[PDB]
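Proteins get letters first, then strands, A, B, ... in listed order; numbering begins at 1 in each. For the numbers below, each heavy atom of this structure counts, side chains included, while hydrogens, waters and symmetry mates do not. Numbering of ligands and ligand atoms starts at 1, following listing order.
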Amino acid sequence: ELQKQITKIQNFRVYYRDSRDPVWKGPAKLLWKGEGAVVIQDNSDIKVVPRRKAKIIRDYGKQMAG
Amino acid sequence: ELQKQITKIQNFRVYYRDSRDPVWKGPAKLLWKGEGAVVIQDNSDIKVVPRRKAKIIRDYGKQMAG
Amino acid sequence: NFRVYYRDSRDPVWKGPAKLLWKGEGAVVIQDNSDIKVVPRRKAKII
Amino acid sequence: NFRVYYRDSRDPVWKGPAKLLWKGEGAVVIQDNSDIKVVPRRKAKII
Amino acid sequence: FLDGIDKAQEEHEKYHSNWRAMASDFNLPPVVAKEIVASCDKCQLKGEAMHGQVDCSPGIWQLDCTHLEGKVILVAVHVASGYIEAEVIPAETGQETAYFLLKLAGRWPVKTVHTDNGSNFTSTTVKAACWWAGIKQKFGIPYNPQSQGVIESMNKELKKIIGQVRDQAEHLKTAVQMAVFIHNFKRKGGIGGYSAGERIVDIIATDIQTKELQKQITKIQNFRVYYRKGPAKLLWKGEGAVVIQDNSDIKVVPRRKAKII
Amino acid sequence: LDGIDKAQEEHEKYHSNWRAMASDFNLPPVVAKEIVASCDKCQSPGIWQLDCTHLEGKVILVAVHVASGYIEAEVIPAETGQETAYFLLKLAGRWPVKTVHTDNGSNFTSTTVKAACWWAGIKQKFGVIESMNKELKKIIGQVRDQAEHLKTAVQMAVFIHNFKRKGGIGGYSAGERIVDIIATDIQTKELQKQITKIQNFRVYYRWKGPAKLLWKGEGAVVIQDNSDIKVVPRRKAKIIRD
Amino acid sequence: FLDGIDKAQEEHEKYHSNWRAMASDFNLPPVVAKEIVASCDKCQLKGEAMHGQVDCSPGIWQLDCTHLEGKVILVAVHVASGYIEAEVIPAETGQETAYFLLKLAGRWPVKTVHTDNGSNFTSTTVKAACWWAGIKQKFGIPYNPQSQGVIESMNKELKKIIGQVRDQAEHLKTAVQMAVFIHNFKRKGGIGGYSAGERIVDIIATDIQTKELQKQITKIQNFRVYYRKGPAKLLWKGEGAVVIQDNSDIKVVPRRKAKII
Amino acid sequence: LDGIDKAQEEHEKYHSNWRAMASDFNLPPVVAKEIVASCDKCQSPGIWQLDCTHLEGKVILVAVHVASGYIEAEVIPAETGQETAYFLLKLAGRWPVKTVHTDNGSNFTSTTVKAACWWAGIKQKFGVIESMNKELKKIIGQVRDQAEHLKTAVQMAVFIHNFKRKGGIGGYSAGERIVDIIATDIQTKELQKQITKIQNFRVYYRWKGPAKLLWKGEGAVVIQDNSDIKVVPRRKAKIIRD
DNA sequence: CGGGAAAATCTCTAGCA
DNA sequence: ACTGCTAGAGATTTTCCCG
DNA sequence: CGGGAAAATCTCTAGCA
DNA sequence: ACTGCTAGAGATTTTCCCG
Ligand SMILES: C[C@@H]1CCO[C@H]2Cn3cc(C(=O)NCc4ccc(F)cc4F)c(=O)c(O)c3C(=O)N12
Ligand SMILES: C[C@@H]1CCO[C@H]2Cn3cc(C(=O)NCc4ccc(F)cc4F)c(=O)c(O)c3C(=O)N12
Ligand SMILES: [Mg+2]
Ligand SMILES: [Zn+2]
Ligand SMILES: [Zn+2]
C-alpha cells in the first residue's frame, strides 16, 4: 500500500536552483511535494526547494532504459 | 657586475594573460625581456609570454615595503 | 534603517536615498518621497 | 580545407561558406567569392 | 585620524576619490575610507552584480509581442518546459491578446501569465479574459525585460527558426506556424533530452501524478513528530533523517532527538 | 533480475501486460516486453478527426482527439483550403498529430491541405465527431450570452469542455486524458527506440552460441537464448555488434 | 544506418532538426547526426563562444570619439596603464584629430594608435600626422567595438566622472578636464594599487630600465647552448632550467640534456 | 637584517644616501632611511614654470618642468584668464603639478586661474623659462615650413624637444628624464606613507622599554632603541599601537 | 594550534552606443 | 593578416593576531 | 589496472530590442 | 510586495570498453 506509493513518488526526478546560482542542478530524488515547497535528496543530502525553483519530471527516456 | 644586473631585472613584476583566459594572472618574476616575448617565473614555473600580453612594472609600493 | 540609491526606469540618472521597505531575492520595494517603487536589485544599492 | 560561415558587418544574415586563409587568436581571414574579409571569431564558425 | 579624515572629506568633496585613493593619500583604514565614500550621494552609482530568478512553476506562462516583416507575432511560452505558442495578429490590441489568451487557456492549464507592461497586456479586456479563465496576472517591473527572460529568449529562437524556413512559405503566418512546430517537436535537448512538447507533457503528467500520489500518502501516513517542540506534522522519514512541517515551516531534523507518534 | 521467473509465471497465469510486470516486480521494461512477446496465446493517440460546423452564419472548424475527447476548435472566415491547412498546421505544431480523419469535403481534399499534411508528416484518411459537435454546440448555447462575438464564445466553450467537464471511469477531464495518453505514447516510443538499439547486438556468454541482448545492467547482463531468458555476469559474457 | 540516414536528411531538409533530434528519431550515432547538421548551410548560424585579447604593449594607445551634450569629446587611453587623455573638439574632423594626435605624441611616447574606422581616424590628415610622428595605425575590424574595448570602457568611466563634477563647472570642457584629472590621479586600484598616472609612469620607467638592463646583460652574458641541435643563443639559466632562442624560437629546456659553452 | 652594521659603517665612512644602502646591502628602505637620519653631520619634481611667448601674432603659452626640461606648450586664442586656467587644469590632469611659477602677469593673477589652482591643488608663486623659450623658438623656426598653421608647428616643436633632442650626463631626452623624476617622487611618497604608518607603533622586546618600529618582516622585527638598531625575533617582541 | 577580524581574492554586472 | 574591458559591489577564502 | 574513444559535463556568448 | 534565459560551439573531465 503506502510503501508502493512512497517508492513511486521517489521515482520522479527534480531539477532545481538555489537562490543565487544561475545553473540548474542535476536530477535529484523527490521525497515530498507541497503547494509551495518540495523536499528532495541530492547526493545523500536533503534540501528543501520552493515550488517556483523546481522542475519535476520522470524522464520517460530513463524509465525505459532502467 | 652581471649578477647584480640579473637580480635587478628579476625584481620587476609581470602581470600576463594566456591566449584563452580573460583574467589577469598575478605578479610573476621577470627573467628575460625581448622585443616580442618575455620569459617569466610564476610559482616555480617558467612561462614564455608575448609582449602584447604582458604588463611589466616594479611596484614602487612594494619596493618600499620590503 | 537602510538608504537605497536606485535607477528607476529608462533613466541613466541615479536617484536616492530611499527607505527600504522589502528586500526580496532579485528586487526591492522602496519609498522615495511618498512614492512607492519596485526596483530590481541590479538597479539598486542598499547601505 | 575549411568551410567558414560568418557574420560580416552590421548584418544579421549569416554568409558562407568561405575558404579559411588565416586563423588567428580572436579573428580570422577568409575569402568569399574573390572578396577578402576579416571577421572576428565570435562572428564565424569553422568546419 | 581626526586630521587625516577631515582632509579626506575635503578632498572627496572635490574629486570624489574612491576608498583606496583616500586610504593611500591620507593614511586611513579601509573601513574609514569606505565609510567616507559610502556617505557621499554622488558616488552611489552602481547596483549589485547578480541576477534574479524568474518563476518556473508548472502553471507559469510568459507572453510577449514581437515584430517581424511589419507584422505582429504574439508569442507565449511555458516556462518550465519551453513549449511555445505563437500567432501573427494584425494589431497589438487587448482584444486579440485576450483572444490569444483564451485560446491558450483552453488548450493548456494556464494558472498565471507573466507579461511586461505593454498596453495590450495591461488592457482591461485582457483582465476580463484572465478573470473568466481564472488566470492570475503577474506584471514585471517596468522597463526590465530580464523579468521576461524566458519569452524574450524565445523571441530569438522563434525568429531564428523562421529564417530557416521562410523560403518554404509564401506568407509569414505559415512560417510562424512551421517554426512553432519545429521548435516544439524537432529540437531536442534540455533537462531531459526532450523536445518542448515531450517536456511539457512530462511536466503536466508529473504534476497530476505526484499530486494524486502525495494526496494518498498524506491520507494514509498520518503522524505527529516531537523534536528537540509542538506536534509537527510528519512529511517524510528515512535514512536517519526526518522532514516535518511545524507551523507552516518545513525543516529537516536528524532521526536523533525526534520521536514519531 | 531475480523476479524474471516470477514474472514469467504470473504471465502464464494471468496474461498480464509488460507494464504491470515492470512495475510490480521491478524489471527493466525491455525484459517484461520480451516476456509478453514470448507467448503467442497473448496476442490511436495520434489520431485526430476533423469536421466543420455551421452556427450563426460562420463556419466553426473542430478537431477531436478520439482517444481523449479533447477538442480543438476555432471560427474561420471561409470554408476554404487555405484556412483548413492553416488550422491543421497549427494543430500539428501544438500536439503530435499523426493521422487526421475527414469527411472528403471540398476544403479537406484541396492541394493546400495535402501539402500541409505532407510537410507536417500527417497521414490523410477520407461517429465521435458528431457527438462532440453536439456537445460543443450545447456548451456554446449555454455560454453565448457571456460574449459578444461568436469566436470568443467558441473559445470559452472549448475551455469549458477541455477543463471543466469531467467524466469517465476516473472522473478526469479531457485535458488530463490527453496529457496521460500522449505521455504513454512517449513511453512507448522510447521503449521502441531502446529495443531497436539493442536488437542489433549479439552476446556470447560462458563459448555458447550467440544470443539476443535485452539489458546491459551495472552488475549483470540479461540475455534471451532459445526462448529462455538467463542472467549472466558482465565479466562472463562478451557483447558484439552485428 | 543507410535507411536511417536517408530519412534523416529528408527530415532535416524540412525541419532542420538538430543532431539530438535526428539521433533520437532515427537511431543514429551522435557523430552521424552532427555530420548531417554540419553539412546544412541553413543551420550554421552561431559563432564560437570566446573573446579575443587586445594588444596591451606599452606603446599601444586606443582612441575614440564620444559625444556628450551635443559636443564631441576625443578620448585617448594608454592600454597598459589606463591613463586617459581627453579634449572637447568642435567637430569630428581629421584636422582636429590630427592635432590631438600630435599633442599626444609630443607628450608621451606613442608607438601605435588603435582606432575604429570612423571617418576622422581613417582620414588622410591623420595618416600624415601619424607618419611624421612615426606612429603606426592599427584599425579594427569594422563594426566591432570590442576591438576597442579599453577606450570604449574609458568612454563610460569618463562620462561617469563628468556627471559627478558637472555642477562644479560652467562649461563642459572644464568638466572634461576635471574628469581626466580625477581618473588619472584620484582613483586608485588595478594591477599595482596605483592610479592611472602612477601606473603609466611605472610602465614607461620600467620599459626604459629593463631595456637598458637587458642590453647590458646580453652584452656581457654571451653563450651558446647545445640541447638534445644548433648553437642556440643563451637567454637565461638557473633553477635547473635553461631558456634559449634557437632560430628566433624561444623554448624552455631543463638543465639536463643541455650544455652551455 | 645582517648588513645593518655594514650599512652603518659605510655611512659613517662615505655619507651615502639610503638608496645605495638599500640597493647594495639588500635592506628595507625604512632601515636605510633611519641610518641616514641618525647622523646629524649628514644633513622640485612638482615645480612647473609658466610663461607666454608671442610669435607671428599669436600667443604661445609654455610650461616647463624645471627638473627635466620637459615642455608643455600650445597656442591659445587670447592672453586671458579663461585660457590660462584651462591650460593649467589640463596640465594638472596630465602630470602631477604641485606648484607653478609665473611672472605676475595679468592673465596669471586672475580669479579664474586662482580658482583653477585651488581646485587642482596647485600652489601659486609670483631663468630656465627664458632659455626654454629660446630653444622652442629655435626649433619652431627650424620646423615651420613643414606645417601651414602655427599651432601644428608648435606641437611638432614640442614633440621634437621632448623626444628627439637628447643631452645631459647620460644622453637622455626630456621625456625619459621626467618619467624618471616622477617615478623617484612616487618612490619617495610611498616610503613616506609607510614610515608615517609605522611611526605610530611601539615595540616591547625581551620586558624592555618601548622602542620605535622600523620593519615587520616574515622572520624578524627590526627596532630602533636609544639611537641603536637591533634585530629581534617576532616571537620575542610584542607590537602595540599608541 | 584556534577562533575572529581584517585583508585579499573571486565572481559578476552595466555601459561603452 | 586580429582580438572586450573596467571598476565597483557583494561573497568567500587567506592571512594575521594574539592567546 | 591502462590507454583511447565516445559521452557527459562545463564554460561562454549573441540576441531577445 | 520580485527576479535573465536558451541553445549552440568548443574545451575538459568521466565513463566505458576491451585488453
Ligand atoms: C512597450 C512595451 C512595454 C514597455 O517596455 C517596452 C520596451 N521593450 C523592450 C524589449 C527588449 O529590447 N528586450 C531585450 C532584452 C533585454 C534584457 C533582458 F533581460 C531581456 C530582453 F528581452 C522587449 O522585448 C519588449 O517586449 C519591450 C516592450 O514590450 N515594451
Ligand atoms: C562611425 C564610427 C565607425 C563605424 O562604427 C560606428 C559605430 N560605433 C559604435 C560604438 C558602440 O556602440 N560601442 C558599445 C560597445 C559595444 C561592444 C563593444 F565590444 C565595445 C563597445 F564600446 C562606438 O563606440 C563607436 O565609437 C562607433 C563609431 O565610432 N563608429
Ligand atoms: Mg568610435
Ligand atoms: Zn563622492
Ligand atoms: Zn539544417
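The drug or drug candidate at ligand 2, out of roniciclib, cyproterone acetate, dolutegravir, devazepide, is dolutegravir. In this complex, the main macromolecule engaging dolutegravir (ligand 2), as named in UniProt, is Gag-Pol polyprotein. Other chains, heavy atom under 4.0 Å from dolutegravir (ligand 2): G, I, J. For dolutegravir (ligand 2), no covalent bond to a chain is modeled.
Contacts under 4.0 Å between dolutegravir (ligand 2) and other ligands or ions: ligand 3 (magnesium ion).
Lab note - DNA chain J listed in the entry as DNA (27-MER). In chain G, the residues contacting dolutegravir (ligand 2) fall mostly within the UniProt domain Integrase catalytic. Heavy-atom contacts of dolutegravir (ligand 2) within 4.0 Å involve G:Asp64, G:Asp116, G:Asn117, G:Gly118, G:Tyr143, G:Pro145, G:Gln146, G:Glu152, I:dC16, I:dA17, J:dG4.
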